[PDB]
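Section: structure with methotrexate.
A, B, C, ... go to the sequence lines in the order they are written. Following the PDB entry, chain A shows residues 5-291, kept in their order. In order, the residues displayed for chain B correspond to 5-291 in the PDB entry numbering, which applies throughout. The numbering of chain C matches the PDB entry: 5-291, in order. Chain D residue numbers are taken from the PDB entry; in order, the displayed residues are 5-291. Computed over heavy atoms, backbone and side chain alike; hydrogens, waters and symmetry mates excluded. If you're wondering, the header gives X-ray crystallography, 2.0 Å. We count ligands from 1, going down the list as the structure has it; atoms in each ligand are counted the same way.
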There are 4 protein chains.
Amino acid sequence: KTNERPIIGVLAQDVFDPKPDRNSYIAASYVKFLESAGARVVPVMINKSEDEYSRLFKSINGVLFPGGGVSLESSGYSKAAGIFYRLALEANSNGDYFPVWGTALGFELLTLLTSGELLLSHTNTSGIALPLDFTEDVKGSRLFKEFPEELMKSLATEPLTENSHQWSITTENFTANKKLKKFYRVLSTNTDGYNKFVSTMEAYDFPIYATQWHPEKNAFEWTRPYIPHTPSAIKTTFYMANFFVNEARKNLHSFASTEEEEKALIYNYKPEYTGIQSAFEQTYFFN
Amino acid sequence: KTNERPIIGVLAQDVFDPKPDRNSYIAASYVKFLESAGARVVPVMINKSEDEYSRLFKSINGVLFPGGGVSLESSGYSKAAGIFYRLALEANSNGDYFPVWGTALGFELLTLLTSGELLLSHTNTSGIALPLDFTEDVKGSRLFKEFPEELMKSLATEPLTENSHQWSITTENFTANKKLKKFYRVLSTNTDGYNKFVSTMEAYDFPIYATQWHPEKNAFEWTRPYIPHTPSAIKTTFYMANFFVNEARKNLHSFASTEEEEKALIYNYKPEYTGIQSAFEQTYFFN
Amino acid sequence: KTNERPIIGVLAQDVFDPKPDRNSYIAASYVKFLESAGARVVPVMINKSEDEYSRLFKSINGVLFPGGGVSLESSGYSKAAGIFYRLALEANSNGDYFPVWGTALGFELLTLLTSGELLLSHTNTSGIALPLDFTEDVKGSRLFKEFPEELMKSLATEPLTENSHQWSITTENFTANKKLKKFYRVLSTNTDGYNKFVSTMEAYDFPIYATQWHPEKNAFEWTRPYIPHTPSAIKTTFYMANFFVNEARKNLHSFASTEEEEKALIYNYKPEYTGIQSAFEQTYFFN
Amino acid sequence: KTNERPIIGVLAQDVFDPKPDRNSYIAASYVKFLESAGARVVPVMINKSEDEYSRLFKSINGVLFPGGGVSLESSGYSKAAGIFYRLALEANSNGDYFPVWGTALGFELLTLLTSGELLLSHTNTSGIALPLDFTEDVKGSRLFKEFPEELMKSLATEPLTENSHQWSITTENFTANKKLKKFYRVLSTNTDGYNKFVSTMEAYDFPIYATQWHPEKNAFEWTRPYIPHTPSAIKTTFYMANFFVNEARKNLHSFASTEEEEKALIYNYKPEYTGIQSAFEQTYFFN
Ligand SMILES: CN(Cc1cnc2nc(N)nc(N)c2n1)c1ccc(C(=O)N[C@@H](CCC(=O)O)C(=O)O)cc1
Ligand SMILES: CN(Cc1cnc2nc(N)nc(N)c2n1)c1ccc(C(=O)N[C@@H](CCC(=O)O)C(=O)O)cc1
């Protein structure tokens, strides 16, 4: 039994200098990321109650934690992500399949949510494109199981992944942490020349996937000269999202009514053109 | 040399009872189709001068003629399309490479642009999912060259293609037309139970590609229960777009300035939520 | 009265995981940068006494503080740079001319040493080639007075300057610091998204010059695809170095004997080939 | 179409009292001359086979024949030079640009390679700085086409060129040799007070340039008090090298693989400090 109309949540995050109708945002490339693989998208708002998130959680089929620059500890974003993370562990544990994806900031958050500790250190990775240095465990992985061979070889040898993060979790800090070592299979690592860090990982026992890099940029962001845009960079963004949405199709939650489904969808919101200056071509702002 | 920043135009279409800011439209699924294979999009307005279309044509890297309900002979859409068609035939003849894509109404328009005649017949195909019946000629073909072998087997045997057309050209009328027979390679056909019609074609000597069916619907349109949304239907939409945007990467046109590029991009426009009532989840309306 | 045998010191910086004979290092591109403009170079070791540094200061004609990855307050590099900075202000205040150059990390240190504060902000500039957005003040600047007008034009319009840092001082923060504002003339800025940052400056009242970017990379480092290597990128590195060595030729210091001079020169050291792996083709490692 | 990663060979020459690891040498000033104009350098070993020289020749983008004191007729140097000269004449004649630079001894070698005869006579120029006495033919020359007007004036009137040769070809012996007069355009002459000799030349029909004097010495050698080290002497070394490296960028040769490229580079070798004693501050010795 499969859900061919998956709806996935994307978490909004705190705007730095917030105003009314401008309290949180979502970069449109994360919306496009998921839509292209045949999902619809609901924005998850920031300063809501446990019950409101619980109602939405039970309605949607997966959730993505996007990149950005807010606090992993004290932000509306971190708090809402922690609520989704416990709900997802509950559901999966009970036997309902519910996938979670973390990108950049979202990857960092997951290391903090699962280990209890802030384990991040500085890496020179603020706007650089890298290949993936796959680990010994990529072989039987879930994430990359459905990628073409030629694409796997291009990922290993071509600079296909966009990194814009001032922090990483070194492989040394990761491996020294008992909780993370047991919880997550590391699929790729990378180096800035000085420190080797985790770049792609998936939970052993849960459908939880995370990248330190930004798969959604290659097809959808054109603002910066280090964003990969070769043909295999484009297929990378499709195959990454294809895997995740195929995860969401294993989840059978639905909204109570088509009416409530219709009001929650991203189609209710119009993004602003931010690409003349911002790293993001388009950005959704929310009250 | 290839162009790793392709920009493709999508033709806007006359609104049936037009009002200011609502004289023409583009369904957002055509925009999402192109962006997802790593292209940016420019809307091509309907009531412009020959010189303005020339200037736009010389700035962008390909064009798409979308489906819809407008006149093939007397609409602003049909006029603009004829101008782009003629500019494309000139550029390619001279040795530039400029690709043209027609979908559904746009496929029908191309049969008329090339043959000079309307040769369409009624088919009982106004809302149905169909496989494709490939011709022997699919083996040499340009369009399907990079499709995975399993995806080609799935298109042959599974209902992955969205048909929503009341008209078609039967294979018999296509064949009896000397101009069409000489200009286009037929790649797939289909039947409505009574009439066998051309569903996919490409020009022998030009990068002009057309489908009677709607490849953009599978991943981006959720308004009708017949629209295919299986995992291989999602891959069909990506491989179709990936081929076309790879053709556009062979074209080296650029805008005269980045400020002029920035003003033309679809990012400057905000679509309306039309999915509760119309065939399209979102629609861009233009003055 | 000029010194046509200038010798310039280049400060070594702390090796992260130091070992005997590998306590500090200098990228060879900084040596080559100064030699090509007709200077000899002395490496300035870290973790030496005040008196040793004062002896060396009194013998050489100028000093460069090179880019790199070390801490701004606790490194042997930062403490030696503070010493040379204080010696240079004393000598210039007294009436002796002694020029100081800071590149990247060096530029950072200069803002700290003069302001007494840490004013850096994050920018996605870990690997990007940028033009310079000159200020009105480049006009009668000392640094650029002798550059060819065409080179100045190329510099304003082509990506000729290598950036590989991730912390910059924004123009707002520079202007808001009274001590920096009164001390340094900003010659060029660049923009990372919304953040406009100081990229080249020179002290109003002292021969102290600093670039956020790496002039020495264009001619000498071949390890990353974005490093500028066009003909005008090559002339930029020569003219930048030529200006600074022409500053050192105004200083009349010499070593107490030709034997002491000979033992201090970089010719006593052999670099390692570090290019297959690191950002530098060659590096000098020191005990 | 240009090569922005040019690599140029520098010929090593026979050590006089040869020993293992000391059979040939290159003075580091030739390597520095070229790197400063944005080339990488490969040392060309002396006792190699014709096939080995062919393989290298086809991988590199130009070659320089340095000065020195080895036989023009029986050395490993003069043999390797003959092979490169013949390969370069072949390549240029076929339509493949390949530039050759001779300095001092290398200039004398070229007069022998092209005329078939030794036409040199003693001049009193073993260690003196001279201006260049330009011919009428400098005006449309290739070598000096991009030099600043003011530098060409300084070269005419200031002692900017290092002469350290006891042999020269007089302008009278030059002119009387039919082969030389038809193959080379004389750009400058000089006199020792009794003999007027050729000091700079370029081939009319090939990219072959030669100086009797040593452009590389002004910026990089500090062993003799005659060596010119004024600002404009420093610019002379940069502009000479700049010309020749720009010639090498017209050559599209590459190595078969990056690994083979990496093993051939001068970065693999370390020079010795020879400055206390010899004409050269630093020298590369080879087995
Ligand atoms: C929306 N519509 C009804 C329709 C048509 N013309 C109108 N014209 C006006 N002035 N006002 C209207 N309300 C109006 N409505 C349509 C839609 C498609 C086709 C049509 O023939 N489409 C092609 C292409 C199919 C496709 O592209 O979707 C076909 O073969 O069916 C005709 C009318
Ligand atoms: C160092 N030296 C002495 C010298 C020459 N040949 C030798 N050959 C052998 N086998 N062994 C020696 N010890 C030896 N020594 C030299 C140096 C330059 C010239 C010479 O004629 N050079 C050219 C080129 C000038 C230059 O390139 O510097 C000239 O015109 O003077 C001759 C002898």
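What binds methotrexate (ligand 1) most in this entry is, by the naming of the PDB entry, Gamma-glutamyl hydrolase. By chain letter, those with a heavy atom nearer than 4.0 Å to methotrexate (ligand 1) are B. At a heavy-atom cut-off of 4.0 Å, the residues contacting methotrexate (ligand 1) are B:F20, B:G71, B:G72, B:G73, B:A108, B:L109, B:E112, B:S168, B:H169, B:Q170, B:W171, B:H218. Protein heavy atom at the shortest distance from atom 31 (O) of methotrexate (ligand 1) is B:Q170 N, 2.7 Å. B:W171 CD1, 3.5 Å is the protein heavy atom nearest to atom 21 (O) of methotrexate (ligand 1).
With respect to atom 28 (O) of methotrexate (ligand 1), the closest heavy atom belonging to the protein is B:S168 O, 3.3 Å. For atom 30 (O) of methotrexate (ligand 1), the nearest protein heavy atom (residue, atom name, distance) is B:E112 OE2, 2.6 Å.
At the shortest separation from atom 20 (C) of methotrexate (ligand 1) among protein heavy atoms lies B:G72 O, 3.9 Å. Taking atom 17 (C) of methotrexate (ligand 1) as the reference point, the nearest protein heavy-atom neighbour is B:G73 CA, 3.3 Å.
Among all non-hydrogen protein atoms, the one lying nearest atom 4 (C) of methotrexate (ligand 1) is B:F20 CE1, 3.4 Å.
Near B:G71, meaning under 4.0 Å from one of its heavy atoms, methotrexate (ligand 1) places the atoms 27 (O).
Close contacts of methotrexate (ligand 1) with B:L109, meaning ligand atoms under 4.0 Å from a residue heavy atom, involve 24 (C), 27 (O).
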